[PDB]
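Structure follows of atirmociclib associated with Cyclin-dependent kinase 6.
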Amino acid sequence: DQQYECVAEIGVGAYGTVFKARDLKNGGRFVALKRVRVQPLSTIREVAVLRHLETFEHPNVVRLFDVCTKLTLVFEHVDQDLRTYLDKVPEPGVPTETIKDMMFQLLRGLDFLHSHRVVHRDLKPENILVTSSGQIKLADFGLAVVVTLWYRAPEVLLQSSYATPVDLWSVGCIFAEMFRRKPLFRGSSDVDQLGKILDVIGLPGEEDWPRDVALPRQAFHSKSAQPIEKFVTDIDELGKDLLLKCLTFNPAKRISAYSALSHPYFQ
Ligand SMILES: CC(C)n1c(C(C)(C)O)nc2c(F)cc(-c3nc(N[C@@H]4CCOC[C@H]4O)ncc3Cl)cc21
């Protein structure tokens with residue numbers, strides 16, 4: 001494509017590469033140019049879902065400017081991710097109302113995706129973008145040290161389920177991280193990540209542990225659920241309630257993005 005000039009590599013990329021490029025036909029604005037290889041109905045369907053979502057132009061998801069044919073996806077460029085934002089915020093950290101605003105915007109973007117049956121499945125500060133105006137935009141969904149591990153829901157770690165609640169667990173981890181400015185659960189393997197989660201939330205009821213999984217409840221020896229204020233010190237009463245509703249072991253009992261939008265923490 002001689003309409004885009006690649007200036008820097010944003011990353012890779014299970015089946016392609018993403019570049020920061022100059023959009024030569026639209027005033028030379030920056031775009032995130034993703035080139036995806038093909039070896040396919042599964043892939044065609046996924047890009048149709050992406051194009052359909054773009055018709056709504058939701059304020060909390062990145063704009064998809066163009067799709068070209070081996071597949072070129074052109075998105076609006078955002079200068080920073082939430083990881084970079086949190087790394088640069090000076091002491092004593094992110095202001096209370098800014099944490100509230102960013103979390104509300106994040107849940108609005110996720111509620112949009114979940115209402116159109118799209119599950120992000122890889123929600124982390126690296127793919128939550130922060131615009132120059134302070135707007136939160138979700139990115140890197142709908143296709144296909146491992147930072148991903150730290151935001152994985154117990155049901156993904158156990159290999160039991162992958163429904164919309166998976167993203168609400170990641171929201172909970174990110175919410176706690178907005179205050180801490182360090183990951184809540186920093187594990188080095190699937191089993192270890194689950195162990196570190198249960199050391200904080202405690203062992204769930206025996207009936208809440210999923211059936212037909214390799215890791216039984218008996219493999220974890222967490223004595224008690226610790227108070228979340230020990231790990232998230234500046235969090236208020238309402239924020240604590242919303243956080244624990246996100247960090248609920250059983251995905252059926254976990255708060256949805258829709259209900260989280262109505263939580264008294266945002267009133
Ligand atoms: C990097 C990662 C989350 N990413 C991946 C893969 C598959 C590698 O995970 N695909 C990606 C993709 F298609 C697009 C973007 C994207 N990036 C920016 N800007 C970036 C943000 C990070 O700081 C440098 C800036 O240039 N703006 C808008 C968009 Cl939409 C990021 C992607």
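Position 1 is the first residue of the sequence, and the numbers go up from there. Per the header: X-ray crystallography, 1.8 Å. Values reported hereafter were calculated over all heavy atoms of this structure, with side chains retained and with hydrogens, waters and symmetry mates removed. Remember, it's 1-based here, ligands and their atoms both numbered in the order they're listed.
Close contacts between atirmociclib and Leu129 involve ligand atoms 18 (C), 21 (C), 27 (N), 28 (C), 29 (C) [criterion: under 4.0 Å to a heavy atom]. Per the PDB, the organism of origin for chain A is Homo sapiens. UniProt domain boundaries put most chain A contacts with atirmociclib inside Protein kinase. The heavy atom nearest to atom 24 (C) of atirmociclib, considering only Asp79, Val31, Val12, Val62, is found in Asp79.
Close contacts between atirmociclib and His77 involve ligand atoms 18 (C), 19 (N), 25 (C), 26 (O), 27 (N), 28 (C) [criterion: under 4.0 Å to a heavy atom]. Residue contacts with atirmociclib for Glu76 involve N, CA, C or O but no side-chain atom from C-beta outward (heavy atoms, distance under 4.0 Å). Of all atoms in atirmociclib, numbered sequentially from 1 with element shown, those under 4.0 Å from a heavy atom of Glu126 are 3 (C). Of the candidates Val130, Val18, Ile10, it is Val18 that places a heavy atom closest to atom 14 (C) of atirmociclib. Of the protein's non-hydrogen atoms, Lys34 NZ, 2.9 Å is the one closest to atom 10 (N) of atirmociclib.
Set against the non-hydrogen atoms of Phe75, the atoms of atirmociclib under 4.0 Å away are 13 (F), 30 (Cl). Polar contact check, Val78 against atirmociclib: a nitrogen or oxygen pair lies under 3.5 Å apart.
Within the set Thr148, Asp140, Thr131, the minimum heavy-atom distance to atom 9 (O) of atirmociclib is found for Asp140.
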